[PDB]
Number of protein chains: 2
Amino acid sequence: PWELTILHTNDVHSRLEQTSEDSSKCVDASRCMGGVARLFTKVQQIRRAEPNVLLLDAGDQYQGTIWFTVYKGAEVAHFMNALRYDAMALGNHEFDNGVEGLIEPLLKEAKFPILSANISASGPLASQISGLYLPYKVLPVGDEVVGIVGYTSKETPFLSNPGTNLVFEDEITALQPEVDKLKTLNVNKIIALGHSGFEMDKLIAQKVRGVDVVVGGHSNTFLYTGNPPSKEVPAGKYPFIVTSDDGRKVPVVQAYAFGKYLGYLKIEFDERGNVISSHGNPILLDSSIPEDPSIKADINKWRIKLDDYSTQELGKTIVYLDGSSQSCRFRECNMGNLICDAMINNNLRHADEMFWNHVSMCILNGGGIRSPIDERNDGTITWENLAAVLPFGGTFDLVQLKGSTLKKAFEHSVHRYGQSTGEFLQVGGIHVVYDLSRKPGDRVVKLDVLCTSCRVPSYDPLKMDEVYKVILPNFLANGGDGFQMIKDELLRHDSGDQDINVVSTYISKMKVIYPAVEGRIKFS
Amino acid sequence: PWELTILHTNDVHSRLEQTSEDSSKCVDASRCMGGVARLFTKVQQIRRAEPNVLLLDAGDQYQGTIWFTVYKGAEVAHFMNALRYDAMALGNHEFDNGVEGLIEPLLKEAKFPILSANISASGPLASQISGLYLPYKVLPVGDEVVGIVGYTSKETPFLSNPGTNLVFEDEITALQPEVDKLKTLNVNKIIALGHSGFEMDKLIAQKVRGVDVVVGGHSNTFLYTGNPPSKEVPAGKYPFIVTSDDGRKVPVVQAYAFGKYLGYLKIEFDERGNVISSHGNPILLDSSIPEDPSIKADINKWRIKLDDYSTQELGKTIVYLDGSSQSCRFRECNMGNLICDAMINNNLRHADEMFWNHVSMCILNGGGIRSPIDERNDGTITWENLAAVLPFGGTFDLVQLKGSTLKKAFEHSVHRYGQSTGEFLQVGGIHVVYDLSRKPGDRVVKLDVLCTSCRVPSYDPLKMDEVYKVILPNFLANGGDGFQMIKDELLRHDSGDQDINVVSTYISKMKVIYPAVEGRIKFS
Ligand SMILES: Cn1c(=O)c2c(ncn2C)n(C)c1=O
Ligand SMILES: Cn1c(=O)c2c(ncn2C)n(C)c1=O
Ligand SMILES: [Ca+2]
Ligand SMILES: [Ca+2]
Ligand SMILES: [Zn+2]
Ligand SMILES: [Zn+2]
Ligand SMILES: [Zn+2]
Ligand SMILES: [Zn+2]
């Protein structure tokens, strides 16, 4: 039997430095985790011991911290080249800075193949991009070869900025002929590496004949066999075994997100490329593993430009930005209006004749707004100021919610009004009226929402059975601040851009901001 | 007696081409008026007949048509140099593109002195601008000399974009020492040429000892002795005689606006520089005066770049821009919200610790919105599209109104609701609720306005005795669409920027717009 070691990361999301336990800023180094210097140590160790090793990334290196804001992907090419990745699949966030911000910094600078079989271009762009990403690569491994076929979320146009040329094809439809073609070229060991989420990974394992292993991403899925090593709760065993339509057992793996874990799967193949066995587990990259000193020194050198950037002017405000708890946990506050407006602006994507924009609505718990910004520093706003308001290193995500769920959320928002609790909601594209003289649970007396399926945006009553797209913190999509109804009832959830980066982009674009308190939230 | 002919223009406001009777676009050439080609004919004629002639401009050449949008003052330097102006005073609108847009195109390219005695600079800007404008110029005229002393509205920081360095001093305080100094240099014939408005011109005539003639602007004041030649109603005789504190008679002149008239004042002086007599009248520049063929040919050549600019993309909309009468004369319409938002953005000026901005409020009669803009031309908006919405060539002006006046205006807005009349108001920084079941005159049941004297903008009830700044069309400041209460009751009125230019600037800055109907106007 020929034994392959697959080492894999996904959704690293700009966690170049070691992080806290919850993948925010590292404060107590003896409890910090991940980062590329520690990943380098562990990959180097495994490559010393195991003969046949591939190091794979299933996409979404782009987006998540100030590293991406400043270096725009040059950090990804540099540090992935230093760790000697063997292949990467394109994720949705690789399109955040458009095609041009993918071609230049990543596709031209990576020393490893970048893959996606389900993205096609036309016109001049097809000539410009030809060969800079590939459907698959056949890689030598010891005295064998392994085919790696890539795939990217078909939902990328809703979740990033790929532009109107590129077309994202159904993953299974695009993959099967490429896997068919590898079989005709005598490549009998095939890894599908891609970025569509755990549910689609299982469907690919089931339906794409000839795929031996699926290495995925997007859904930040944690799989584990045994007692979990940290706080993440497993969605299933590692690997997750799918019974294929061709009647094989196909292992499916993912490794959470944020560089906290290194996926590690050992596959035994027979002489005909059939998987005889598969076993492994993700490795927690905790402080017991030292940071490679050379990578850490390069990381500290690259940090200098980040520190310099963090105190530069992004834009100006001519208004005080009231992010005080006394405002934002009790009533409409202008800092909440600013952040929700920035969240909606971040989610303007290219539209059908069917909507002016696919999403119009935002909610933000006042518990998430942690500072005001004073306008009397010559109106200057810096990144450092925004990091005081939004200190948790979260994302602003897209969810689909029934109107009944969202009405429940607005009831939760005031269920114990008066105590300075964090669940009080700041909004965009939503007008709510409360009557606090009613029983908890029955205090929302008006709730109107901004249409999407309309050429002129206007407000309509919320409908209980209708499914709304909403931009909201990752923290609330995960039921934070008591919003269990959101976690339990949401129909779709895709992670979005870093919270600070959303607001800093909007302020940069606007140049001069003056958000008002304007009646989005009233009390009767 | 030594006889001087003063020819003078003021508030020409980018009317390089001949205009209609009401100073909008020329449609029936046999009834058109003004423009620099006709002004050239008439000035040339007078210079052939009269020995001692000065051609003076009292400021506000900048701003008013697409000529300024595209050429940014290069057209002013070019055509004023062709007509051989002898001197110009700085107006407020000369600061519309900041100091840099005054230095370069006008102060560096004018072949005639540019004057203002009441503007001072400090730091590097004082070195950069030194001598490029002057307090006064002594000009040879035949075998005599005439001193010309300049002045500019002290209110320029509220009415344009001069920046935070320049300081606008009280006109009379700044002028007297300069006039004193000319007396010490044996210059006994002194013209005050400046841009502060008719009321301040009369105060200067009264109080600045040694001034013999005041040639002013800003207030678009029409003076006439006799039957008026056109539709403009005189504010007083030409010249308007002020009895000075030193007990002389001092003539004060102005010549309306828009290049429609050439001011013409004949002054007889005695050997000691005392005015013995003054007489004249503005000359209507009507079609009986031919356009100089050489200037007209240069005008037609420069127009090519205007026609080219007018079809270029300014920005995009992802929403239909509903400027239909069926919407904007009956309810809140998103095109009205766009234009009011653009009007408020145009009026962001540099602020004290005392306000976030000096003005927060806008009203726009639906009668002034004349077209929608379809978003299905790839979202493109051009100047030509905006000219369909705003076809009258007006300005968006700043007025001060008591809250009682503005409540009267909102009652007028719905006094005969239901007939598709133009007075129905679109708004910004104002939330109004009507109850149409009440008697005409008593239908406004809520009227809340955006604070200025506040660090966080929020809405408060309108107060009847408080004076509000409002941005609104020139047409309404003049009582158009039945708003007689605005014309009769306003406490201050300064003309602002061209209507189309305000909206095109905002769209350019924003890049992508998506104005909503959001509850600024409701019905109970
Ligand atoms: C209140 N709150 C938290 O307490 C929090 C968080 N992310 C992590 N934590 C712990 N966010 C975004 C938040 O709003
Ligand atoms: C309705 N209306 C007019 O009729 C008009 C005008 N300017 C001139 N006229 C005639 N404006 C701006 C306007 O709103
Ligand atoms: Ca196989
Ligand atoms: Ca005199
Ligand atoms: Zn991701
Ligand atoms: Zn993803
Ligand atoms: Zn003017
Ligand atoms: Zn003026």
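Lettering of chains follows the sequences in order, A, B, ..., and the numbering in each one begins at 1. Header says: X-ray crystallography, 1.5 Å. Worth knowing before you read on, the calculation uses all heavy atoms, side chains too, and leaves out hydrogens, waters and symmetry mates. When a ligand or atom number is given, it counts from 1 through the structure's own listing order.
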Query - ligand 2: macromolecule with most heavy-atom contacts, named per the PDB entry - result: 5'-nucleotidase
Report task. Report the drug at ligand 2, choosing among tranexamic acid, lamivudine, metformin, caffeine. Result -> caffeine
Report task. List the other chains with a heavy atom under 4.0 Å from caffeine (ligand 2). Result -> B
Query raised in the report: Within 4.0 Å of caffeine (ligand 2), heavy atoms only, which residues of other chains turn up?
Result: B:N365, B:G367, B:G368, B:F392, B:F475, B:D481
Query raised in the report: Nearest to atom 4 (O) of caffeine (ligand 2), what protein heavy atom do you find, and at what distance?
Result: B:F475 CZ, 3.8 Å
Query raised in the report: Does B:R370 reach caffeine (ligand 2) with a nitrogen or oxygen that is under 3.5 Å from one of the ligand's nitrogen or oxygen atoms?
Result: no
**Report entry** Shortest protein contact, atom 8 (C) of caffeine (ligand 2) (heavy atom only)
**Finding:** B:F392 CD2, 3.7 Å
Requested in this report: Note the single closest protein heavy atom to atom 1 (C) of caffeine (ligand 2), along with its residue, its atom name and the distance in Å.
Outcome: B:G367 O, 3.5 Å
Query raised in the report: Considering only heavy atoms, which residues of chain B annotated by UniProt as IMP-binding lie under 4.0 Å from caffeine (ligand 2)?
Result: B:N365, B:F392, B:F475, B:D481
Requested in this report: Could you list which atoms of caffeine (ligand 2) come closer than 4.0 Å to a heavy atom of B:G368?
Outcome: 14 (O)
Query raised in the report: Which of the other ligands and ions shown lie less than 4.0 Å away from caffeine (ligand 2)?
Result: none
Query raised in the report: What does the entry say the source organism of chain B is?
Result: Homo sapiens
Report task. Please list every residue in chain B that UniProt marks as binding AMP and that has a heavy atom under 4.0 Å from caffeine (ligand 2). Result -> B:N365, B:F392, B:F475, B:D481
Requested in this report: Enumerate the atoms of caffeine (ligand 2) whose separation from the nearest heavy atom of B:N365 is less than 4.0 angstrom.
Outcome: 14 (O)
Between caffeine (ligand 2) and the protein, which N/O pairs are shorter than 3.5 Å?
| unit_1 | atom_1 | unit_2 | atom_2 | d |
| --- | --- | --- | --- | --- |
| caffeine (ligand 2) | 14 (O) | B:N365 | ND2 | 3.2 |

